Q: 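Dropping the structure in here first, questions after.
All chains are named by letter (A, B, ...) in the order of the sequence lines, taking the proteins before the strands, and each is independently numbered beginning at 1. All ligand and atom numbering here is 1-based and tracks the order in the structure. Values reported hereafter were calculated over all heavy atoms of this structure, with side chains retained and with hydrogens, waters and symmetry mates removed.
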Amino acid sequence: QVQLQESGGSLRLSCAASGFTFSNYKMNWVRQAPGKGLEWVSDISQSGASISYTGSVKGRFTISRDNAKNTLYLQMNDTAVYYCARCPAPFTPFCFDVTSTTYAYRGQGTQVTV
Amino acid sequence: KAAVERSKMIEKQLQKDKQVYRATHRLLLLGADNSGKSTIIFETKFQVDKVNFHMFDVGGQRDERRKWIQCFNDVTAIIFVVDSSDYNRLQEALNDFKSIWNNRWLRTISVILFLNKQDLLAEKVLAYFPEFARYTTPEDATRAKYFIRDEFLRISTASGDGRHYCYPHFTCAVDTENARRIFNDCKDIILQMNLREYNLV
Amino acid sequence: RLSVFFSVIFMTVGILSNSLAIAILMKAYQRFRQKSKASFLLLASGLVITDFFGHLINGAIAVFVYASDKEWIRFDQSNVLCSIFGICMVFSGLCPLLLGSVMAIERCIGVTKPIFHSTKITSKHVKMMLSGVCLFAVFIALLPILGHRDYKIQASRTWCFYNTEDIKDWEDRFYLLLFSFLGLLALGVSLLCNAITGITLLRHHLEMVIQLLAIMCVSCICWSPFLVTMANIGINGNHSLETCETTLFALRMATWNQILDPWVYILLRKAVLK
Amino acid sequence: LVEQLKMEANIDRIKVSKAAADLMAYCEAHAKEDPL
Amino acid sequence: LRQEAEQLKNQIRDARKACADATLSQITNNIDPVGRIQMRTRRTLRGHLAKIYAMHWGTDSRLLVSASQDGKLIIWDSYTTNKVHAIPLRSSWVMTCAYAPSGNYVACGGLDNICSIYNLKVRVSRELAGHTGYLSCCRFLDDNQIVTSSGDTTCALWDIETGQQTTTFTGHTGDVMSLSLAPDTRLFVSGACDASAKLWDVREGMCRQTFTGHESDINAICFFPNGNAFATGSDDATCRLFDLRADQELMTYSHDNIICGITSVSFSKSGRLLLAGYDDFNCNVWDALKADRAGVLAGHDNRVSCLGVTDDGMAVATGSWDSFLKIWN
Ligand SMILES: CCCCC[C@](C)(O)/C=C/[C@@H]1[C@@H](C/C=C\CCCC(=O)O)[C@@H](O)C[C@H]1O
C-alpha cells in the first residue's frame, strides 16, 4: 500500500512516504490553485542529483529529500493545495502523469494560503 | 498437404503487406488542446513528392498516458505542437516536451517541434520566465520566439546525443509549408538512421 | 625466395579477421534488423563470407601444392586440379571487387537519396543483387572452361591462372583484358560512389568520411598493381611486359586487400573496437 | 470506498500455514504429470 | 470520510497481520529444490512484420494466435509451424488477443476502444463498443460471453450475441492492464495501474477482495492452477504470489540484479514453476514454492511482450518485440 502524507500549511512542507523504497524514485512537488488545474512546482531525482524548479518559484523555493528518513521537504519563502507526487516507476528520470486529474501515486495534499 | 499450400499463400500475402507497410511513414501528433494541432483516434493521410505520410492524433483516452504511449515506439517522428502565444501554459508545454524526450521507449524517436500561432505571439509582444531579461538573441535568421525555441532546445540537447534530434519550426495558423518541412525533417531522420547503421552505432 | 609461409600467414590472418567480422556482423544484423532492412549489413556479410571461403580454399590448394615439392606433374594427370584452382582464383579475385562496388552504390543511394532508399528498394532486391553478383563472378570464372581453353600454371609454378607466359591466340589476350577491365571498372565505380558520398557528407559524419577514405585508399592501392600488370600483359604479348618477380608482388597485394576488407569495413568502427 | 472497505473487512481469513500447505500439496500431487 | 477509510484499512492490515502465523518460504524449506531447468527453443514462428503485442494458446494445445503492431492477427499451428490464418485489423494499435475455448472465435482490441470478435467458422462477427479507454485485455468465458478490461479503470462482461455490457466492474483507480479467469469461470482477478489487484464475482458483479502488495503498476496477472492463488508481475521488477483464502501476499520473486519491469507471467501445469517475461529481453523461471530462479529463457532480441503456457503444459510460447514467437520445451 503506497502512502504519501503531506504536512504543513515561509513554510516547511513535509511529505512522509511509505509502502515503497523511497531511495529508488524521483519525487515531485505539484500544486492545484483554486479555479485552476494541477501545476508542477519542483522536481528532485533519487540521489540528490539535478533539481528542477518552475519559473514562477525559481530561486525562491527549495526541495530536499531524506532517503534514510524517507521524507520529502519543500522550503518556501501562492494559495494552493500542494501534493507530493512519485514517478510511476523506479530508476526512470521522467515523471510522466504526476500532474493528472487522478494520479494513483500522489498524496492528499495540504492547503497553503498566503 | 493443403495446410502447406494455405501457409504459402498466407506468406505471399504477408510479403505483399510487408512491401505496403515499409512503403509508408507514420507520425505521432502531440500537443495540448490550447495549441492548433488540427490546423497543422484521428488519422490524416497526405502525400509529399509521391511519399505517403500517416499522422495519428490520439484523443479518445484519459490524461493518464504512460501506458498507451508505448504503442508508438517505432513511429517515424513525433510532431509536437506548442502555443508560443500563451505564456501561462508554456511551462506545461516544456514539461510535456521533457517527458516525451526522456521517455525510455521514446528515446530513439525524433521530434519535429512546431511553435504555432506566431502571429499571436508577435501581436502580444508589441505592447513567467525571469531568465528572459538576461537573454540575447542568437546569430540566427529573422527575440521572444527565439527565446522560447532555445528553451525547448536546451531540453533537447541536455540528453539523448546522437540517438534522436529535434527540428524546431515557427508556424502560423495560415502556414501552408508544414508538410514540406515535415518531409525534409523526415528525410534527415532517415539519413541519420542510415548513418547510425553504417557505423554500427 | 619463395616459401609456403607467405601463404600460411595470409591464410591465418584472413580467416581470423573474416570470422571475427562474421560474428560481429551476425549480432549487428539481428540488432539493426529489428529496426529496418540492413542492406549494408547483408552486403558486408556476403563480402566477408566470400573472403573467408576464398582464403580457405585457395590457401589450402596452395599449401597442398607447396607440400608436394612443386611436383605438378604426378598429381594432376588431366590438369583438373589446375582448372579448379584457376576457377577459385578468378572467383575469389572478382567477387570482392564487384561486391565493394555494389556496397559503394548502395551507400551512395542511401546517403544522397535516403527517402527513396528506404521506401523503394526493399530487402528482396538486395538479396537478388547479392546473388546476382556472386553468380556473375562464378560465370566469368567458369567462362574459359565453358569455352575451349583451360587455366595454365604460372611462372612461379605455385598457382593457376590465365595463360600469360605464352604468345597464344586472341583468346588469352581477350580473357586477360576482360578480367582487367572488370576489375578496373569495379575500382572506378567504387571510387566515384565513395567520393560522391564523402562530398555530400562533408558539404556520424566524420567517422563515415574517414571509413570511406580508408576504403578507397586500401582498395586502390592493393588492387591496382595486379590489374595494371594483367592489362599490360594482355595488351602486349609478354614481349614488352614484366616477369614473375612483380606479378607475385601484385598478387600478394591483392591478397592483402582481401585480408584488410573486414577491418576497413566492419572491425575499425568505434563501437566495434570497444 | 468506505462501503467497499467494510465489505472487504467483513470476510473470514484462513491461516497462512494452511494456504501454504494446500499449495505444497497440489504442487507435489500434480508434479508427476508436469512436462516442464 | 478519510478517517473512516484509514481506520478500516488499519483494521484490515491488523487482521492480516494476526492471520499470518508462518511464511511460505519457511513452510517450503524441507522439500527438494527443482533442478536447473534448461528449456530449449523447439520452434520459431516468423511472419509478423513488427512487434508482437499478445498471444493466446488454444485449448486444443496445438493452435495459437498472435497480434502484431502491423495490424495483423495470425493463427499458427505450433506443431507443423504452418500458418492457419491471417486476419487484417482495421486498427493497427492492438494490445490484446484471445482464443475461444471452443476454437471457433478470436477476439482482439486496442486503442480503438473496441473489442472485435472474428468467427473462424474469416471476417468480423461482432464489435463491442462501450469502453471509454483502450482495451487492455479480454478473456472468453464461452462462445457467448466475454470479459474485457480497459484503460478507463473499469472491467466489463459482455453478451456477444446482443453486443451489450451485461455487467460492469468498477473500483480500480488506475487503468486496468490485465485480467485472468479462474478455472471454475465463476471468479476473476484484475490488475491495474494503481498497485492493486481485485477479485471479482462474475455472477454478482461486485469486488470481493483487494490485494495491495506491489509498489508500481501491475502489468501481468495469472491464476494458480487450482484457483486458490494468483501471481502478479509489476513495474517494480518483482513478481508476487497472493492467496485468496488468506487474502494476503505469500511470496515475492525478485533479485537485486533486475531493474526492469515484468510484462507477462504464467504458471506451469502443476504450478511449481512460474515463468515471467521481462523488459531485459529475457524470461525467468522461478520455483514458486522456494522463490528461487530455476532457469532462464534467452534468445529474444527485444523485450518479451507476451508469454503463455499450454493447457497440457507441454510447451511455453513467448512473443517479443523482435517480431518472433518462440516455443520452448
Ligand atoms: C586474383 C586472386 C587474388 C587472391 C585473393 C584471395 C584468394 O582472397 C587471397 C588469397 C591467398 C591465396 C593465394 C593463392 C595462391 C598464392 C600463390 C602462391 C605464392 O604466392 O607463391 C593463398 O596463398 C592464401 C590466401 O591468403
Q: I keep wondering which chain grabs ligand 1 the most here. What name does UniProt give it?
A: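 By the greatest number of contacts, it's Prostaglandin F2-alpha receptor.
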Q: What's the drug at ligand 1?
A: carboprost
Q: Which other chains sit close to carboprost (ligand 1), with any heavy atom less than 4.0 Å away?
A: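 Other chains in heavy-atom contact: C.
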Q: What is the residue list for the binding site of carboprost (ligand 1), using non-hydrogen contacts under 4.0 Å?
A: C:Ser7, C:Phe10, C:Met11, C:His55, C:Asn58, C:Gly59, C:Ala62, C:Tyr66, C:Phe85, C:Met89, C:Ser92, C:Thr158, C:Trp159, C:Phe226, C:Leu248, C:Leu251, C:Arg252, C:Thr255, C:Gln258
Q: Within the structure, does C:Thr255 bring an N/O atom to less than 3.5 angstrom of an N/O atom in carboprost (ligand 1)?
A: no
Q: Under 4.0 Å from a heavy atom of C:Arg252: which atoms of carboprost (ligand 1) are those, numbered in the order shown and with their elements?
A: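 Going through carboprost (ligand 1) atom by atom, the ones under 4.0 Å from C:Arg252 are 20 (O).
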Q: Of all the atoms in carboprost (ligand 1), which lie at a distance below 4.0 Å from a heavy atom belonging to C:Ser7?
A: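 Those qualifying, in numeric order: 23 (O), 24 (C).
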Q: Within the 4.0 Å heavy-atom shell around C:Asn58, which atoms of carboprost (ligand 1) are there?
A: 7 (C), 12 (C)
Q: Which carboprost (ligand 1) atoms, with their elements, are less than 4.0 angstrom from a heavy-atom of C:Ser92?
A: 7 (C)
Q: What atoms of carboprost (ligand 1) come within less than 4.0 Å of a heavy atom belonging to C:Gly59?
A: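 Answer, ordered by atom number: 22 (C), 24 (C).
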Q: Suppose I only count heavy atoms of C:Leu251 and a 4.0 Å limit; which atoms of carboprost (ligand 1) are within that range?
A: 16 (C), 17 (C)
Q: Which transmembrane segments of chain C (UniProt, counted from the N terminus) have a heavy atom under 4.0 Å from carboprost (ligand 1)?
A: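 Those would be UniProt segments 1, 2, 3, 6, 7, going by heavy atoms.
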Q: Would you mind listing which atoms of carboprost (ligand 1) come within a distance below 4.0 Å of any non-hydrogen atom of C:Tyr66?
A: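 Contacts of carboprost (ligand 1) toward C:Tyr66, numbered from 1: 18 (C), 19 (C), 21 (O).
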